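Heads up, the thing below is written out as structure tokens.
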Amino acid sequence: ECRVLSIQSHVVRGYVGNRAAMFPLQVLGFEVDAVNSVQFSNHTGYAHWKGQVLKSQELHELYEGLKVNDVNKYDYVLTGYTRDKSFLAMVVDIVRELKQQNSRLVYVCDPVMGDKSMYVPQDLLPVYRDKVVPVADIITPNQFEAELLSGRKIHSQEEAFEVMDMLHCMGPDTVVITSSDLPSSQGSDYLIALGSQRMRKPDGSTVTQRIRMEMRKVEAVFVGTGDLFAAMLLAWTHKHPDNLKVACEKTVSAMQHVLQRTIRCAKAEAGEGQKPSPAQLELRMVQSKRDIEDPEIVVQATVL
Amino acid sequence: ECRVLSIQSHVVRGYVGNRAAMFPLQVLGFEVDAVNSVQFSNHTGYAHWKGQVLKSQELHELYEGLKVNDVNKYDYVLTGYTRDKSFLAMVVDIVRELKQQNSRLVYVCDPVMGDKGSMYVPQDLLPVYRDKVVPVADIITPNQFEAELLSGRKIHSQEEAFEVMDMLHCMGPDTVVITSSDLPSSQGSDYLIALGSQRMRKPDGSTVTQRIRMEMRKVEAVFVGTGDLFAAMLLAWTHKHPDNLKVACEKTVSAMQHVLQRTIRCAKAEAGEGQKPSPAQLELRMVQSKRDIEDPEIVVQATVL
Ligand SMILES: Nc1ncnc2c1ncn2[C@@H]1O[C@H](COP(=O)(O)OP(=O)(O)OP(O)(O)=S)[C@@H](O)[C@H]1O
Ligand SMILES: Nc1ncnc2c1ncn2[C@@H]1O[C@H](COP(=O)(O)OP(=O)(O)OP(O)(O)=S)[C@@H](O)[C@H]1O
Ligand SMILES: C[C@H]1[C@H](OC(=O)CCC(=O)O)O[C@@H]2O[C@@]3(C)CC[C@H]4[C@H](C)CC[C@@H]1[C@@]24OO3
């Protein structure tokens, strides 16, 4: 009954892009139309990868194939890692058309550009800033990406929430900073994620719910975690459209279950005292099915 | 634990090929490496479609990317509808190498070539399925027409069907399931007949052939991707019951019945009362059938012959 248009990458092996997004959404009861932006043997963090990428016009052809059959009707649009601005532009056009057809459609966008350094071309920052985010309704930046989009560096929680208010003003009524460098109150092994939802009264007035979350840090580099986060937040905010606290609690708890199982299995595969390889660190998503369906709450968000 | 390499089609909307195979398998606890042989907006039963076809060379590159990283290691290989001889040939080469690395790899093949009388595959492929693919396959799920094509013998009776399936066993696969047939049922013209045959090697060294018949009630609609779902779920349940084709087929067929009944109900509801459901309204309701796929209640029982 709830259909999501997910335009993301495909990997033969592993869980990034649509591989990390469609399984949890399907298991949580969402219908998914998946446009695969690329097909690689595996994600680029491996020592090697081979495959091909889809051209923006090819994406357009697929969308028109759906349209002429009159099955271009969606409740959600979901996007993530992209390296070509033509593709982003086409995505924006599609989102505009669908929003003209459905006033209530929700565009969930993970604005993937960099972390801590930019790993996408610089000319994408303007596109995300001036074309994509303005038509987005939920965004899942990290601190670096929030700073790049806002043009202001974040040095404190207050500055972070002011940046998130700026991002709200740019478009999205829901903004989650997934990772940050702010200090946790439980020590160096816990990380901070902030959340802000701008809800609208019967008047034109704004009321912004703000939450802060601390989650333990797993000692490994994972790929696809942001795609999985964005998909599960889509699902849980759909279940809890006015309670960002609960949605984020469920999402982060599911993430923590998945990543804890993954790290344990990964160091099982590798020898004791051996750093697991990227191949050994692939998210154990199959084995996490139930955790994704009904996660045990292991994190508590503070409403501020 | 159990990793399946599934090389099949991908549709943006709907459930055919990998779309109809990866979700059940993932929900049944299998890890799935998915090579999408094509990407189309939707399957050919719609008014229109658009998409791209992956070339054999690209497939080879993807497999070589897996190989170069030393993660081309599998317990199962799953294939279905293909139209290019080059692609099929490449798939056979991959199966041969994987079997050289693991002698216990099981290749589940649906040799899709036609149905009813209509061949919807290039005639270039029948020689290839007969002489290269079926020989290295371990489980096949053809329909009556496809079994007749691979064997070259017309089937007029159940006994002749099991003879054809013995010939197919000789070609390679130790498990052969004919998924649909024109054979009359004993419960009404509205039931379909499916047959199964498994050669299993007793510890004595001798081999015994278990044979089974199944009657399933027909659903009055034309569905797409049924074969893909069937082969995937049969892979799963024969992994869980490697020596009891009866139970594996019972569970596969029960899941199928649940999915199809839910799909026709929801499609008739979406369309009007007295309205023919469209191909779009008859897309398999896979998500909403999750539980029935995870633990199907047995709605059909196979007759051991
Ligand atoms: N090592 C880790 N420890 C704990 N949580 C992690 C870890 N890696 C990823 N996460 C989780 O994944 C989410 C973010 O995904 P990331 O891969 O960190 O993406 P990012 O760094 O936020 O950049 P993205 O992809 O644009 S949001 C966080 O909210 C965490 O829940
Ligand atoms: N209309 C239907 N009514 C009941 N069961 C069906 C129907 N269509 C397909 N099935 C089930 O799907 C299975 C086989 O899928 P089919 O689409 O029939 O395969 P086929 O296309 O006849 O030959 P394939 O595709 O190469 S296995 C059957 O064994 C049935 O259980
Ligand atoms: C109409 C035919 C087209 O066929 C071509 O365009 C032939 C190009 C070529 O393979 O050289 O693509 C596909 O191909 C497969 C093998 C995958 C599944 C099908 C798609 C889901 C829909 C299109 C259909 C399809 O049929 O079966």
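First the proteins, then the strands, lettered A, B, ... as listed; each starts at 1. This deposition comes from X-ray crystallography, 2.4 Å. Remember, it's 1-based here, ligands and their atoms both numbered in the order they're listed. These numbers come from the heavy atoms of this one structure, side chains and all, not from hydrogens, waters or symmetry mates.
The molecule at ligand 3 is the drug named artesunate. For artesunate, the chief contact partner in this model is given in UniProt as Pyridoxal kinase. Other chains within heavy-atom reach of artesunate, distance under 4.0 Å: B.
Lab note: binding site of artesunate, heavy atoms under 4.0 Å, is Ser9(B), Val11(B), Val38(B), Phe40(B), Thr44(B), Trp49(B), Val53(B), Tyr81(B), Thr82(B), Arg83(B), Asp84(B). At least one protein heavy atom sits closer than 4.0 Å to atom 17 (C) of artesunate. Residue, atom and distance of the protein heavy atom nearest to atom 13 (C) of artesunate are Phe40(B) CE1, 3.8 Å. Among all protein heavy atoms, the one lying closest to atom 21 (C) of artesunate is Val11(B) CG1, 4.0 Å. Here the heavy atom of the protein found nearest to atom 14 (O) of artesunate is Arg83(B) CD, 3.7 Å.
Within the 4.0 angstrom cut-off, atom 8 (C) of artesunate has one or more protein heavy-atom neighbours. With respect to atom 27 (O) of artesunate, the closest heavy atom belonging to the protein is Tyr81(B) CE2, 3.0 Å. Listed by number with element, the atoms of artesunate under 4.0 Å from a non-hydrogen atom of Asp84(B) are 9 (C), 10 (O), 11 (O).
The nearest of the UniProt-listed active-site residues in chain B relative to artesunate, at the least heavy-atom distance to 1 Å, is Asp228(B), 8 Å. Which parts of artesunate touch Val53(B) is read off a 4.0 Å heavy-atom cut-off, strictly below it: atoms 8 (C), 10 (O). For artesunate and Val38(B), the ligand atoms under 4.0 Å from any heavy atom of the residue are 17 (C). Intersecting the UniProt pyridoxal-binding annotation for chain B with heavy-atom proximity to artesunate (under 4.0 Å) gives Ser9(B), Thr44(B).
Atom 22 (C) of artesunate has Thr44(B) CG2, 3.6 Å as its closest protein atom, hydrogens excluded (heavy atom only).
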Contacts table for artesunate: protein N or O within a distance under 3.5 Å of ligand N or O, distances only.
unit_1	atom_1	unit_2	atom_2	d
artesunate	10 (O)	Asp84(B)	OD2	2.5
artesunate	11 (O)	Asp84(B)	OD2	3.2

